Amino acid sequence: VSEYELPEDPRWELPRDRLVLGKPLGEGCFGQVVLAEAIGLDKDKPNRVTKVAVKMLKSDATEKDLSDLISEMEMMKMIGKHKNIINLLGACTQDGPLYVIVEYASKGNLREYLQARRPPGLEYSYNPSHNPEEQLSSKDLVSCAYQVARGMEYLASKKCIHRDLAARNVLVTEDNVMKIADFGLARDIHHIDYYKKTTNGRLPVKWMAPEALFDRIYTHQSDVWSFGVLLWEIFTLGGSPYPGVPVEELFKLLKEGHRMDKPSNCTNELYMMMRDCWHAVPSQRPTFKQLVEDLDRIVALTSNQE
Ligand SMILES: Cc1cc2cc(Oc3ccnc(Nc4cccc(CS(=O)(=O)NCCN(C)C)c4)n3)ccc2[nH]1
């Protein structure tokens, strides 16, 4: 029995013997995510199995870690469901460690998904996958961007600021639906280390708007700046931002007006949309509502023949 009072919500609680735990999906310093099969997740369909992702704490986990995971779960309930975010499906709070059960995205994060779909040749770096998949169409790429914009428009409408929107935090389902992840994470109460890599080797400083970098100010406008970086990641098919640029240099550069150059395969229109997201002045960036409307139009005009 836990020493803590884990919050049981009858609408969401699943007996944990309805979960058949499967392979690890990922592990961080937080805990771990595993794939599972859930039996009768939908009450009206008790005999059906659903593949799901299950988040749980490491054994080394503290009380703040627990509080953080509960917090993510409750924030997700409050934000509600949208097609282009990772949605809550249930929880196990009784009879063992806390499990938070969410939609499963079988194709993993967007950066690695795009990298494995890199065609040969001059416009992209090499494909690092030993199981490369069919390359995407131009329309497919704009449609990835559109779906992420639509998810952020929803989150913004629910007053959620993501604060680390990046291709690594977009997951892709079996049906190639884009789903924003890690939007419900607690904001650390301590100052951050700008030079500390994630468990997957990423430096989050490269997605920060200048006002976030400089003064730790995060708003929907600073998420639009990150979406501009994410756009650049899409049209480089998973490229790494500011190539050759040491991180301790980045703010100076940005402040002087430095911006990433256009990816080799990227329309003038989509590069101008990136640059607009990277407006120095937060009030002058487009909103996610505007981004969605423009990307909708651009998707309809973009060829899926190549
Ligand atoms: C409460 C909560 C639960 C939760 C679960 C999350 O993870 C989820 C949720 C839904 N689906 C997937 N699918 C998935 C499939 C393959 C691999 C991965 C992990 S990965 O880091 O993107 N790539 C694996 C190895 N790379 C580093 C080489 C995830 N994960 C992510 C955030 C979450 N927040």
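Quick note: residue numbers are just sequence positions, from 1. Below, each value reflects all heavy atoms present in this structure, side chains not excepted, and no hydrogens, waters or symmetry copies. Every number for a ligand or one of its atoms is a count from 1 in the order of the listing.
Located at ligand 1, the drug is listed as sulfatinib.
Of the chains in this structure, the chief binding partner of sulfatinib is, as UniProt puts it, Fibroblast growth factor receptor 1. With respect to atom 4 (C) of sulfatinib, the closest heavy atom belonging to the protein is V102 CG2, 3.7 Å. From sulfatinib, the nearest residue that UniProt flags as active site in chain A, along with the heavy-atom distance to 1 Å, is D164, 11 Å. Nearest-residue assignment for atom 33 (C) of sulfatinib (options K51, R202, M56, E72; heavy-atom criterion): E72. Of all the heavy atoms of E112, the ones lying under 4.0 Å from any atom of sulfatinib belong exclusively to the side chain. Counting only heavy atoms of the protein, atom 18 (C) of sulfatinib lies nearest to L25 O, 3.7 Å. The distance criterion of under 3.5 Å between nitrogen or oxygen atoms is not met by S106 with respect to sulfatinib. Counting atoms of sulfatinib from 1 in the listed order, those under 4.0 Å from a heavy atom of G108 are 15 (C), 16 (C). In terms of N/O distances under 3.5 Å, sulfatinib is not approached by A181.
Closest heavy-atom approach to atom 22 (O) of sulfatinib within the set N109, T199, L110, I180: this belongs to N109. With a 4.0 Å heavy-atom cut-off, sulfatinib is reached by the side chain of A53 but not by its N, CA, C or O. Using a 4.0 Å heavy-atom cut-off, the UniProt ATP-binding residues of chain A near sulfatinib come down to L25, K55, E103, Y104, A105, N109, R168, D182. Looking at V33 against sulfatinib, only its side chain comes within 4.0 Å, counting heavy atoms. Atoms of sulfatinib found under 4.0 Å from any heavy atom of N200 (numbered from 1 in listed order, with element): 27 (C).
Per UniProt, the domain of chain A home to most contacts with sulfatinib is Protein kinase. Checked by distance only, sulfatinib and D182 stay at 3.5 Å or farther apart across all their nitrogen or oxygen atoms. The contact residues of sulfatinib, taking heavy atoms under 4.0 Å, are given as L25, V33, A53, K55, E72, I86, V100, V102, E103, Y104, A105, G108, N109, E112, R168, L171, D182, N200.
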